[PDB]
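16S rRNA, liganded with viomycin.
Proteins get letters first, then strands, A, B, ... in listed order; numbering begins at 1 in each. The structure has been trimmed to a portion of the entry, and contacts are counted only among what remains. Modified residues are written as the parent amino acid, or X, and their further atoms are left out when contacts are counted.
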Amino acid sequence: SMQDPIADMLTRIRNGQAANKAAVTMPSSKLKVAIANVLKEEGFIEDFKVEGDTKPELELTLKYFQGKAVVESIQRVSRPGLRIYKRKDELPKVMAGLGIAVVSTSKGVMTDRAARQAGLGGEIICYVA
Amino acid sequence: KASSXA
Amino acid sequence: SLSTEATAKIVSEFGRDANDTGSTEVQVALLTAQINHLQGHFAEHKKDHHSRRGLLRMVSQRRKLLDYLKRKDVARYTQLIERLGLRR
RNA sequence: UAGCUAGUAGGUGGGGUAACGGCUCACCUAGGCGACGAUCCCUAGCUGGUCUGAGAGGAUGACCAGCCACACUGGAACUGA
RNA sequence: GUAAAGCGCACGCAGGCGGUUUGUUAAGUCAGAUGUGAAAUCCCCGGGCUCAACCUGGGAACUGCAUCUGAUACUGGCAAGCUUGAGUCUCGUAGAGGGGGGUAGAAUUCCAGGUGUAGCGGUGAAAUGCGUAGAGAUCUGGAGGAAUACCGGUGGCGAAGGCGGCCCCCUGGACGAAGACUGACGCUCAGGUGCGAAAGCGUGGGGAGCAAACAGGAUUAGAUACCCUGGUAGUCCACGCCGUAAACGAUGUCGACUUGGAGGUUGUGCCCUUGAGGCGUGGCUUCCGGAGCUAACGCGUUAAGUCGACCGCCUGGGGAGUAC
RNA sequence: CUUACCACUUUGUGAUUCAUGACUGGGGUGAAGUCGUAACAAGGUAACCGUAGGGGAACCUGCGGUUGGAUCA
Ligand SMILES: [Mg+2]
Ligand SMILES: [Mg+2]
Ligand SMILES: [Mg+2]
Ligand SMILES: [Mg+2]
Ligand SMILES: [Mg+2]
Ligand SMILES: [Mg+2]
Ligand SMILES: [Mg+2]
Ligand SMILES: [Mg+2]
Ligand SMILES: [Mg+2]
Ligand SMILES: [Mg+2]
Ligand SMILES: [Mg+2]
Ligand SMILES: [Mg+2]
Ligand SMILES: [Mg+2]
Ligand SMILES: [Mg+2]
Ligand SMILES: [Mg+2]
Ligand SMILES: [Mg+2]
């Protein structure tokens, strides 16, 4: 049955982007948003939107460019089957830098750049480039 | 397998 | 499978009201009744393996509910098993 | 190799050691271990390091240095810090 | 999927994994600090032997461990929730789904009798075989077992294996429609248990047709076969057993996301139901094809596409799925 | 002197493991051997799978299953 919403979110993006979908919706969550936040804040999506009362509904509007989408690739790193945490020195660098790695820290869900600067690390959620 | 010998 | 009135009784015996048809205790009894009833069907017949499958599903199901409830309200658990005369 | 365990697991009190302790002994409890692999088989000194490998790994424990064990084979104590 | 590789099919304890909100905890996780991580070695920069090997000062390194102090996103523990996963209820639909008991009509075979007269049967052609002791054909009657033509479908139901005349009894699941109720009760599953074609095995029945074995006639160089005439176990029933199949989609289960077209079947909503009908909304099931995937063939919303959770399995051909 | 502990050793019976053994089972490897020609084409009886029976040998035959069968059947 369904055992990882974060992973699904990422693939939902990945299939949406592929399908030239203008936007993508899904059941929302606290953590699901924090990711949208980093995604918008770092410019991979136009913006988030949470239209819900009892059943939150996270909507994402995709970005495109030349003739191709913006999110080149996005893959779940840490998993429910295999948790991945890294320290400050050890935080990853997707695409030699020109790409991000979403990490959860005791001061919140930030860029790898961000956590690095903030001198801390934590569960690394996913790569996006 | 196996004529003149062999 | 089970008589409309008969089910209806069991609803208003283990539920907080009739219409409380989905209560954990209720669900257990409806099975238990049916289980106990099919007991005689498989008293003769025996070779009816396809039907017996349904029976086991009912026992399995019943087992996953009771364990759920032991885990929530033991008091309700301890009572429900004495109240249906089972579990040992 | 799926069971293993009588000083066995704990306790109490005596004894005992440089010292804590079933270390030992008497009694009372009936415990203790194991699928996170006990038990029983096979093989083996451990480490710093060595060799290889981009790395993770794989292989290895001569020579140097640390630790352990042994001294013809089995066993025992005496002397003594 | 076809190269080695998805257990024949499920149920399910342990394990792994786990929707959504808040509080709380601070185990995981992250931060800092302080201890320690022998020297040698590797590395860096120097110095000394004529150089080098070698020797050597200092440093870096020892990516580890422990402790103390903080952090609280995520994970876990605990509290209390929530309704979208899951399940219960009501009413209906289709169906060779299962178990048990009846019963019917075609046909084969045999038994008895009538008519009848020289052939029948069989093959490529023949013969064995059956017929003048009357066969074959034909009519009447009777006994008996097995299977269910047409319907029939590119069909339906079942976890799989599988289930086709008709009727009743007992009984399992599925789907739809509205809601109401329960409030994460879930997914996967080593081990375990259960089901499991056909053949086969045990006991007792039954035995028409069919037919391993076997016999006879043919064929052939031979013919331990193919073919012909015969024909027993078996095929049938009960009860127990076996546990394997190219048990195949050679494709594990569950969930999510991702252009289209044409069928089948079973529901259900709406249009003066106007009458062939029309547009919607489910379930199951086929054909074709885009991206994408693929070594290719091909798969393609019933993926072999894009992802996650758990399981089973593969590691050159053979030896061998054999031996112990 | 005597008691406890205890080494050698002794007795019975098992377990395992190594070596070996008349004879025996298949397996592997060795240019042209003998017998047939089973498979590959519709391989001249489509092939193959499980099972059963039979036969110098491949194999044959029965029951069900598969397409990984060629053909205007
Ligand atoms: Mg004492
Ligand atoms: Mg004392
Ligand atoms: Mg040794
Ligand atoms: Mg490697
Ligand atoms: Mg000695
Ligand atoms: Mg002394
Ligand atoms: Mg294969
Ligand atoms: Mg299968
Ligand atoms: Mg050092
Ligand atoms: Mg928490
Ligand atoms: Mg029999
Ligand atoms: Mg098999
Ligand atoms: Mg196609
Ligand atoms: Mg074997
Ligand atoms: Mg041939
Ligand atoms: Mg042939």
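The full list of places where viomycin can be found here is chain B.
At a heavy-atom cut-off of 4.5 Å, other chains contacting viomycin: F. The 4.5 Å heavy-atom shell around viomycin contains F/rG30, F/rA31, F/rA32, F/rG33. Contact residues of viomycin toward RNA chain F, heavy atoms under 4.5 Å: B/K1, B/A2, B/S3, B/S4, B/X5, B/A6.
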